[PDB]
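This entry carries indometacin.
Reminder, nothing fancy here: chain letters follow the sequence lines and each chain counts from 1. Basis for what follows: all heavy atoms, side chains included, without hydrogens, waters or symmetry-related copies. Just so you know, ligand 1 is whichever comes first in the structure, and atom 1 is the first atom listed for that ligand.
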There are 2 protein chains.
Amino acid sequence: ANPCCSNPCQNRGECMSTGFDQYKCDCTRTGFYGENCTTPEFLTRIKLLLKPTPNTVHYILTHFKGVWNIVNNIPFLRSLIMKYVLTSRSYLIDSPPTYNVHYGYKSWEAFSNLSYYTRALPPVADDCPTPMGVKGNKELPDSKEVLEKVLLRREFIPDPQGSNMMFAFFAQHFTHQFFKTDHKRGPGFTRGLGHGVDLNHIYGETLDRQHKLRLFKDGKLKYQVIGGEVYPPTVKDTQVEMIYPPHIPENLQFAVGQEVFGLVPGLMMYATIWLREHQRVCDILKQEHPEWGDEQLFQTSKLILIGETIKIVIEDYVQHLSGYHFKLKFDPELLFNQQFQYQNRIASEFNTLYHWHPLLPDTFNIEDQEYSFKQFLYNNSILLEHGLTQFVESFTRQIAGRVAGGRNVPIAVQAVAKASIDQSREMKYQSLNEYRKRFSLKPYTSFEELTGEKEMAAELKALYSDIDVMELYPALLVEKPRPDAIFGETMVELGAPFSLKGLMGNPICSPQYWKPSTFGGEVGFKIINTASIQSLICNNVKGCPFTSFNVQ
Amino acid sequence: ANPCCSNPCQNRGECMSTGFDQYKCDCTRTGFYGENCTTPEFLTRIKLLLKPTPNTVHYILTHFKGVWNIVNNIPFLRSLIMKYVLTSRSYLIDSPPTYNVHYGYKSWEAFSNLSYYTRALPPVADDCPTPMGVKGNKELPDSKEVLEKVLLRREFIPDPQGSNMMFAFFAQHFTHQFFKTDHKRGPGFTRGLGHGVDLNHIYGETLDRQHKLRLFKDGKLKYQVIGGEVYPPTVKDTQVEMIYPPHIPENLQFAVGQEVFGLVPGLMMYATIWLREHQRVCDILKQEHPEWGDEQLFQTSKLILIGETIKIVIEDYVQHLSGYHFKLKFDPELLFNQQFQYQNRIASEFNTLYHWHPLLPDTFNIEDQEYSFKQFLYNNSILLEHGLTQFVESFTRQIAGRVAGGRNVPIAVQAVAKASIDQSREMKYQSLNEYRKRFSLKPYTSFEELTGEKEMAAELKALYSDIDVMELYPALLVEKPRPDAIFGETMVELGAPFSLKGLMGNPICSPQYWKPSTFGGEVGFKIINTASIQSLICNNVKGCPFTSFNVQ
Ligand code: HEM
Ligand code: HEM
Ligand SMILES: COc1ccc2c(c1)c(CC(=O)O)c(C)n2C(=O)c1ccc(Cl)cc1
Ligand SMILES: COc1ccc2c(c1)c(CC(=O)O)c(C)n2C(=O)c1ccc(Cl)cc1
Ligand SMILES: *[C@@H]1O[C@H](CO)[C@@H](O)[C@H](O)[C@H]1NC(C)=O
Ligand SMILES: *[C@@H]1O[C@H](CO)[C@@H](O)[C@H](O)[C@H]1NC(C)=O
Ligand SMILES: *[C@@H]1O[C@H](CO)[C@@H](O)[C@H](O)[C@H]1NC(C)=O
Ligand SMILES: *[C@@H]1O[C@H](CO)[C@@H](O)[C@H](O)[C@H]1NC(C)=O
Ligand SMILES: *[C@@H]1O[C@H](CO)[C@@H](O)[C@H](O)[C@H]1NC(C)=O
Ligand SMILES: *[C@@H]1O[C@H](CO)[C@@H](O)[C@H](O)[C@H]1NC(C)=O
């Protein structure tokens, strides 16, 4: 019934029901006019007839290596380039936020209720003929049918980019501070009220929690020593509530900070390296401040790790994921003369996009022993067995699956992949094409166009019939990867904005915050500006097991 | 012991204890260098040798009327001027926030714990020799002694600017949505987690609360009709918890939204006009949207009233408070090309500055009857007695006391004034001079300089001895008012920043939010863009009792 059901408003304008069967588009600031914010302003024509497509640019970024290496050495240029990646990308997200699970309109509730994941595209009116608004049949293809026909893995397809397990697990750990669906309330509700890189997953979600995990001596988090090794303290000791299967013998029920990092040793590995990292900084800050006390050592340490995290995620993680010859840079200054909202709200779409289960191999091979999912799950003795160094070496050397491409979802976490399909549906999502449109991308004219082949393509067609009506999540996985890459234009184009805004839209990046003293001195500031996944490991694992997010 | 106790860091740099007896100043971006961020950069000299003092500008603003009127009619110019007031003012506050009651340093806690009032200047180290850091005696003058010697009122001094009661109570109502000290935790802790103009004082602090105050029919708030008049529903009906003296006969225990607006009829008056206003919009929005339902009529209505509020507060309230011949303007676009943080955190200092008890007369004269504080307090029958129209007429014509100047605090709310003194002290505040410095103002060289006379001046001197050591709150009230004005340079200079940032740093002002459709159409948008205290009353009081924030 909703006259807007048909998503009639183009080029970003807003749709509004001006009467029962009437609608109106608010093309304000869109750069277009007319009934559907379709006809461009003359200066808009100009821009259109000048914008290199994603692939064009993606080409030029991943090519011309020699040229690039020159650029990477002309600071000014690199700075100007990175500066431009931050602004354009970021300019794609709404800050302050608008819309959510329940709000198809702006509303003060939608805006302030921090218990929701924000939504880049409003949901679909509960009174719309078809799930995707108006197009398509009275229901979308059975989830199980899509799960099996185009998602599930047969032959393990490895990542053509080299992503090893250090990366797969870093991305599991890292994003899990912001994606924490509150299943008590339903999908669309988050338990991470910080909405960003606050390291809640190391220090705890709340004050009461963090104080249970602290030592209160030199700003250090509590820990224990097994072997001559440092490990997270137990739930029995700190008394923090963690999620662990009852059969776990205690003494292995680690505390850490995120109540779920005990269900997967890849997480507890990183849970332990950062715990190690925190302390390491404490001692450093104490060496500089004999006069500082616990809480200041702590609060400052928690600020340095946030910087490392952001540092590492931009120049190692994201760098690698891009495969660009251009050296990405974490420099909060790039935006000091730019208009930029140092705030952020994690969106549902980002959560979906970040469902990278295909990275998972069929066995977790930790030097000499290979493990079934079932054997690895919440089995911390494995961590205690080989112990970090031999865990880091194993994982540095072990490709992860290709995300995009097709049929790569481990049958193990298949309950998950289906769940994703199901939930996106319950959270009234819009078509992959609308989302494509939302991110200045050109829509797919065919399943055949989407996949880059016809086996699955036609296979999906049989299911979704009309390409438009194709769903966002599935499409991401069953999509033509750009060359020897792990993702396709959609996945990069939709996530990069969400990813840089949440990375750069953090208080420590604000001018008031971005200064030596904010971190304990030029010494602490450097700990941030010279962070790396190699150092992260080098300084916290037994020998300096060389690592990277690339399986060589 | 804290080597920073002496507030050694000038021109905004940060102080840091680099060793027990040593400190270091982080002059980053201050525009100065050297041990204390004292020596300016050459380009800083320039700026210094070109900045008209507050009074200079204040003069030129309040003078040259003829010139000004020309300006006010050259949009472009006015827009450019207003644009300049927003940016410069706003540029004075830290966003994101830094420091609070407990945090003398940046910390993630200080930043994220929304239960605190942020702090423009860090507190004083609990291990500092003297309350004001190092200067002064082991203690500040007994509060009771300052209260009485220079604060308390003898002869009611009226406001030389004309502030009547509509203004005094509008300011009581208005700021009371953001200042809501959580006395359960202590001064420095707020109960207004929205930190701004969210109209929490009309709709309720929480969802559970707002839903109790709602009618759930056409987006309207619940109400009742006494006489042929609309009034807030009762606590017995809605079941919302309000603070009322037990002797109140129920039936007069109004609900409204802020749990304290029943203790003062001036508040309940405005509590009722906005309730009236909300509904009024609902009907308007239903007239445009036959298809809309409750929650949308509501959520949109609550968005229009926030706009009106911001509108009225800039062009009527603030306008008047300034006495500038230049017409202040509410135009969210002024900042669309500017760098601006559409966020905010209410600071303690703003709460203090906003302690305008001196506006209160000695009796509340509501046409034909005059009331003692004791008689007026939580006496709603008075409202039901004369009823709005004759309440608006009375209040439009009844001056309020002068804030600045000296000795104007009603002996009634004297417990309050002392309380302020006492609390600012417990919240480890800094000297009035430090604050003066903080806002680019030149410090007072003498109590004599402060007051603009010597009776009190010397009187204060006997108490504080060293001018620096003089406290912020007292000084605000016992300060030479600029000409025929209600405040003096300190009060304007410290609050205008806090005030414009919280007004302009609101989501509805952000580009995504500032558009016709955000409010239900070009009709709803106008309800905002043509708001006024006169219309607020005109459209919601029996006859259009003419009003203004000026007693003619
Ligand atoms: C041992 C490895 C892993 C296991 C067993 C695993 C398992 C799961 C499971 C059971 C869910 C819950 C789905 C539901 O109930 O609806 C989930 C969610 C998720 N997983 Fe994984 N996962 C693993 C690795 C990863 C990796 C490497 C990534 C990379 C980004 C990832 C990203 C996600 C995301 C973003 C969610 C949603 C989080 C939320 O909204 O709560 N997972 N995973
Ligand atoms: C009938 C008139 C008024 C009465 C009886 C009154 C009474 C009070 C009282 C009892 C307090 C609490 C102090 C404490 O316990 O520490 C207070 C706080 C305050 N009042 Fe008023 N007041 C009135 C009018 C005003 C006006 C017109 C203003 C104008 C701005 C004002 C501004 C404030 C502020 C900003 C606070 C602090 C609020 C907070 O932090 O919770 N008051 N007032
Ligand atoms: C292959 O090329 C890539 C891949 C990923 C990228 C980027 C470029 C860029 C930068 C750029 O594209 O210019 C950013 C910011 N990426 C992300 O961090 C990211 C993270 C998660 C998701 Cl789901 C999507 C994107
Ligand atoms: C006499 O001249 C004034 C007085 C008050 C003013 C302003 C100008 C301006 C604008 C300007 O000065 O340009 C703003 C924004 N004012 C406030 O609303 C305000 C409110 C409360 C406090 Cl505590 C302090 C200031
Ligand atoms: C807008 O779209 C509708 C159908 O979606 C169509 O009838 C109408 O002509 C279009 N108008 C413009 C200006 O695009
Ligand atoms: C957020 O919204 C949902 C539904 O409106 C509500 O149940 C929940 O309590 C709200 N959360 C907060 C913190 O207000
Ligand atoms: C904020 O701080 C106070 C005192 O430190 C604490 O009691 C309260 O729980 C904190 N709130 C949050 C949300 O952490
Ligand atoms: C956990 O892994 C260890 C080492 O590979 C193994 O001995 C143990 O059987 C596993 N635990 C379970 C419950 O299978
Ligand atoms: C800074 O202040 C200290 C004492 O507070 C003094 O010794 C030093 O000379 C000052 N320097 C400047 C440039 O103000
Ligand atoms: C409150 O006002 C009413 C009506 O004017 C009056 O009857 C009553 O005496 C007042 N209450 C007190 C305690 O004075």
Handout entry: Every instance of indometacin
Key = ligands 3 and 4
Practice task
Report, by its name in the PDB entry, the chain making the most contacts with indometacin (ligand 3).
Solution key: cyclooxygenase-2
Handout entry: 4.0 Å heavy-atom contacts of indometacin (ligand 3) by chain
Key = A
Practice task
Tell me which UniProt active-site residue of chain A is nearest to indometacin (ligand 3) and the heavy-atom distance to 1 Å.
Solution key: A:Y354, 3 Å
Exercise for the section: Tell me the residue and atom bonded to indometacin (ligand 3) through a covalent linkage, or none. Expected result: none
Practice task
List the residues that UniProt gives as binding substrate in chain A and that have a heavy atom under 4.0 Å from indometacin (ligand 3).
Solution key: A:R89, A:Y324
Practice task
Write out the heme b-binding residues UniProt gives for chain A that lie under 4.0 Å from indometacin (ligand 3) by heavy-atom distance.
Solution key: none
Handout entry: Species of chain A (entry)
Key = Mus musculus
Problem - Binding-site residues: indometacin (ligand 3), 4.0 Å heavy-atom cut-off - result: A:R89, A:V318, A:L321, A:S322, A:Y324, A:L353, A:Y354, A:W356, A:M491, A:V492, A:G495, A:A496, A:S499, A:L500
